[PDB]
Chemist: 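Structure of interest includes diflunisal; see the questions below.
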Amino acid sequence: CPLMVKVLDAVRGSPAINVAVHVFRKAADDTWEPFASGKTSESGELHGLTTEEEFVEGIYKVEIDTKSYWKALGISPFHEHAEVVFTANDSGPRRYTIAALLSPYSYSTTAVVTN
Amino acid sequence: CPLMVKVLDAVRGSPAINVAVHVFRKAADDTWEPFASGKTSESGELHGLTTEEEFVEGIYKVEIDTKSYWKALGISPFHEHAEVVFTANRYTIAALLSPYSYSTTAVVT
Amino acid sequence: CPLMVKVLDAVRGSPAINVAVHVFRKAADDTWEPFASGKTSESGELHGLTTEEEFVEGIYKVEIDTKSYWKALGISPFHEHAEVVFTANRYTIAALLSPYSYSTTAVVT
Amino acid sequence: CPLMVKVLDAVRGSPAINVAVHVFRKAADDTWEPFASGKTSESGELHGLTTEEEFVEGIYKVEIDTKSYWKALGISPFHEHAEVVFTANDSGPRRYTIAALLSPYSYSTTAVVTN
Ligand SMILES: O=C(O)c1cc(-c2ccc(F)cc2F)ccc1O
Ligand SMILES: O=C(O)c1cc(-c2ccc(F)cc2F)ccc1O
């Protein structure tokens, strides 16, 4: 599994469950094409987005729909969403985990990149 | 000054200086229109982006060119940039930068 | 002012006001001795902890009473406090607070 | 496994491997007693610190030896270590993951607490 997303909730100390995630890939003509989407599980994880074959070199945008998450919990947050934009697989294939930690007026994002 | 940006470097424990910042406002047709831009100062701060008059309610995007910042230091970064997207309904957008990670917070006072 | 502390609230997007901060210096016998203390201001800042004269090289501990802060808001927090331990060899110790998480950074200029 | 520690490296985008972790428990007389210790694996994780039976109610300090980690990589970091101090199991037993994200002049810590 070459692209995984993990989301945690810094207010509740829990995984962030059922968070919508949209992934896009920058096309030849510089527009963002829909690549893959899904939502985080009970463990705050989203797997199965893509395959090794499909996940070619490119610039990818991972959009985490944080606003809808916080709104469902009764919190009016600051951000519309958390976007993570990165070049992937430009010196051959890697496995990426995009991790986000969410608070209503703040988020943090890191990537763990392995061979 | 209703909107300011502050950027810090988590590797060096310093302001992140001369970092390009571009701000956009969402247009009626769902396009991002150029609003304001600047480079962070010696103190890692960017002031004077806009005025209370022009900073009306709307959806805004603040894009921080983190890649160029790391590249000028000879450090390979993960992200293409750091984007902060919010509805304006004083705003300080702060970002703390590492090569493979960033945090962003809004202080609204 | 060689040492200042700044605390922000990540739930409200605001300075964290009236937060108790205690600073200690490590003694020769490996004990923590009381050095300086204060409460954060309306801007979430604590200045005037010490002087250049007294702020000599050594190991320092900055303890931020985050538990009391959340408790006064009716929010059950995870941590007892936030501790920052460093060797002093201007220092701004910043902390960004959530109920189950905090981040701390040092800006040294 | 009721107490786990996970450590990531924000400079390299990798788990933080072989990081020393010391856990203490506040004793009756207000001193910190050695509870458990170990070091993070190739995945940046430390498991097997304690058992359900031993991990009673109390105030625990988890000390992550970040300075030694950064020094081994040629970086002179700001902090001596990252300390996480918390009351555990005070409304019955829980499972705790203490997560840290490390940069030379900054760290972040969150806890994920489950039943
Ligand atoms: O599985 C993980 O890698 C994980 C990670 C975090 C976390 C903590 C701090 C941070 F800045 C980002 C994170 F994704 C919090 C909890 C967690 O379980
Ligand atoms: O001026 C400020 O508001 C400031 C802020 C930080 C900081 C710390 C942690 C974090 F997640 C984000 C930040 F921008 C670090 C240092 C700092 O001076």
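Reminder, nothing fancy here: chain letters follow the sequence lines and each chain counts from 1. In each ligand, atom 1 is the first atom listed, and ligand 1 is the first ligand listed. Worth knowing before you read on, the calculation uses all heavy atoms, side chains too, and leaves out hydrogens, waters and symmetry mates.
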Chemist: Where exactly can diflunisal be seen in this structure?
Modeler: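 Counting every copy, ligands 1 and 2.
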Chemist: Can you peek at the structure and tell me the main thing diflunisal (ligand 1) is bound to, named as in UniProt?
Modeler: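 The chain with more contacts than any other is Transthyretin.
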Chemist: Which other chain letters have a heavy atom less than 4.0 Å from diflunisal (ligand 1)?
Modeler: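 Other chains in heavy-atom contact: A, D.
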Chemist: Which residues of other chains have a non-hydrogen atom closer than 4.0 Å to diflunisal (ligand 1)?
Modeler: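 By heavy-atom distance, that gives A:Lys6, A:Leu8, A:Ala99, A:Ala100, A:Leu101, A:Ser108, D:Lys6, D:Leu8, D:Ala99, D:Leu101, D:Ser108, D:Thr110, D:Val112.
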Chemist: Which UniProt-listed L-thyroxine-binding residues of chain A does diflunisal (ligand 1) come close to, with any heavy atom under 4.0 Å?
Modeler: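 In chain A, UniProt binders with a non-hydrogen atom that close: A:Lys6, A:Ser108.
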Chemist: Considering both backbone and side-chain atoms of D:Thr110, is one of its nitrogen or oxygen atoms within less than 3.5 Å of a nitrogen or oxygen in diflunisal (ligand 1)?
Modeler: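 Looking only at distances, the answer is no, because the N/O contact criterion of under 3.5 Å is not met.
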Chemist: Closer than 4.0 Å to some heavy atom of A:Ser108 - which atoms of diflunisal (ligand 1) meet that?
Modeler: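 Those atoms are 11 (F).
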Chemist: How far is atom 9 (C) of diflunisal (ligand 1) from its nearest protein heavy atom, and which residue and atom name does that atom have?
Modeler: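 Checking every protein heavy atom, the shortest distance to atom 9 (C) of diflunisal (ligand 1) gives A:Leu101 CD2, 3.4 Å.
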Chemist: For diflunisal (ligand 1), which atoms sit closer than 4.0 Å to a heavy atom of D:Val112?
Modeler: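 Those qualifying, in numeric order: 16 (C), 18 (O).
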Chemist: How far is atom 5 (C) of diflunisal (ligand 1) from its nearest protein heavy atom, and which residue and atom name does that atom have?
Modeler: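 That would be A:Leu8 CD1, 3.7 Å.
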Chemist: Starting from atom 14 (F) of diflunisal (ligand 1), what is the nearest protein heavy atom, named by residue and atom, and what distance separates them?
Modeler: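 Atom 14 (F) of diflunisal (ligand 1) sits closest to the protein heavy atom A:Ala99 CB, 3.4 Å.
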Chemist: What's the shortest distance from atom 3 (O) of diflunisal (ligand 1) to any protein heavy atom, and which residue and atom give it?
Modeler: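 Ranked first by proximity to atom 3 (O) of diflunisal (ligand 1) is D:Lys6 CE, 3.3 Å.
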Chemist: Give the source organism of chain A as stated in the entry.
Modeler: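 The PDB gives the source of chain A as Homo sapiens.
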